[PDB]
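Just below is one structure, and these are the notes that go with it.
We number chain A the way the PDB entry does; in order, the residues shown are 833-1132. Heads up, header says this was done by X-ray crystallography, 1.3 Å. Atom set for the values below is all heavy atoms of this structure, side chains included, hydrogens, waters and symmetry mates excluded. Numbering of ligands and ligand atoms starts at 1, following listing order.
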Amino acid sequence: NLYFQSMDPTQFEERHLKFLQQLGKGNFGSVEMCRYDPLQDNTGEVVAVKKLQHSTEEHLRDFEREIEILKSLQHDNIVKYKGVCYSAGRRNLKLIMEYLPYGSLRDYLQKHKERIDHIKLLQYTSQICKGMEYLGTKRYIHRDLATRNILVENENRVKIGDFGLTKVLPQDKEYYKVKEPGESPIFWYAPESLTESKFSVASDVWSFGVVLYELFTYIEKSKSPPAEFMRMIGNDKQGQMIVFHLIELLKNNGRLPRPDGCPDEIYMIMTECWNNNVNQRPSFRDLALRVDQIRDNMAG
Ligand SMILES: N#CCNC(=O)c1ccc(-c2ccnc(Nc3ccc(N4CCOCC4)cc3)n2)cc1
């Protein structure tokens, strides 16, 4: 009460934050490209600015937690927090982060295949694993690892780029039970997340396996996880029947197929991540080392 939490409301003043482009909309948020030009001279750093789509009270509280999460992270493969803009005369909140020019990895794989080969995919795989190792040191569970939430700085660097579903483990538990679910990315979820709403480092590893699948399908039309699972389940299914069949399929070892051209050894990594036995999934440290050894064992 007496003294409010430290914040720097003059770091990004709304009057100097200049719109450049709309970048995308999520479930609860919208992201713009802006230029922060305090010397009103048409210069300044380019930044990404996350805002809410629907500014209810509950969403604002969750957004504050997301901001605190991102601010606490400093790693080469995590999008860089810059600050907050308290716009509308300090009656609204916007999150300021660095701007990464090539957008989501999902889009980059579809739009920039000319500059992607397996070496690059393994580099991105490694970088994602290292960012996730770092999250684990903070006891953060991402809960939405997917190529749409990874951002591309350049052909040699990707970063985990969004944290809107991230949760902090309780002190005395190795899982977080989500007890207010909203929209769920079911085709990336581990079975125990689907059946018990339990999220953990190990369920992030499961989702990472799906990310690795996404990378090697090159975001090919008809090969995405939703399209492939729907083909396996039955394309005509609708509503909860989809979830029922997805759960039953996963529990009895149904899995996404090996992408065309994917090496057996990379598919093996995927299938080890997709273990119904939570404790048998590899760690992100195991995965980064294995991927970097594969890369390093190539000639050159
Ligand atoms: N709400 C919600 C879920 N999160 C986002 O939508 C989200 C989060 C972060 C960023 C972000 C952060 C830093 N840099 C960038 N760069 C970026 C560059 C290009 C594009 N696209 C280029 C192609 O057309 C569509 C936008 C998208 C983001 N994005 C974008 C969207």
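Present at ligand 1 is the drug momelotinib. Most heavy-atom contacts to momelotinib: the chain the PDB entry names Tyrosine-protein kinase JAK2. Residue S862 approaches momelotinib through these ligand atoms, each under 4.0 Å from one of its heavy atoms: 1 (N). Remark: among candidates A880, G935, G993, the nearest residue to atom 20 (C) of momelotinib is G935, based on non-hydrogen atoms. For momelotinib, the atoms sitting less than 4.0 Å from at least one non-hydrogen atom of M929 are 12 (C), numbered in the order shown with element in parentheses. Short contacts between momelotinib and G858, defined as distances under 4.0 Å to a heavy atom of the residue, involve ligand atoms 1 (N), 2 (C). Inclusion of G861 in the set of residues having an N or O under 3.5 Å from an N or O of momelotinib is warranted. Those atoms of momelotinib that come under 4.0 Å of a heavy atom in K943, given as number and element, are 23 (C), 24 (O). Neither the backbone nor the side chain of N859 comes within contact range of momelotinib; no heavy atom lies under 4.0 Å. Checking only distances, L932 does come within under 3.5 Å of momelotinib, N or O to N or O. Proximity of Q853 to momelotinib is not established, as no heavy-atom distance is less than 4.0 Å. The source field of the entry for chain A reads Homo sapiens. Annotation for momelotinib: atoms under 4.0 Å from non-hydrogen atoms of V863 are 5 (C), 6 (O), 7 (C), 8 (C), 10 (C), 30 (C), 31 (C).
Between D994 and momelotinib, at least one N/O pair is under 3.5 Å apart. Annotation for momelotinib: atoms under 4.0 Å from non-hydrogen atoms of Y931 are 14 (N), 16 (N), 17 (C), 18 (C), 19 (C).
At least one heavy atom of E930 sits closer than 4.0 Å to an atom of momelotinib. Contacts between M865 and momelotinib below 4.0 angstrom, taking non-hydrogen atoms only, are absent altogether. The binding site of momelotinib (heavy atoms under 4.0 Å) is made of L855, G858, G861, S862, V863, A880, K882, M929, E930, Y931, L932, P933, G935, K943, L983, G993, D994.
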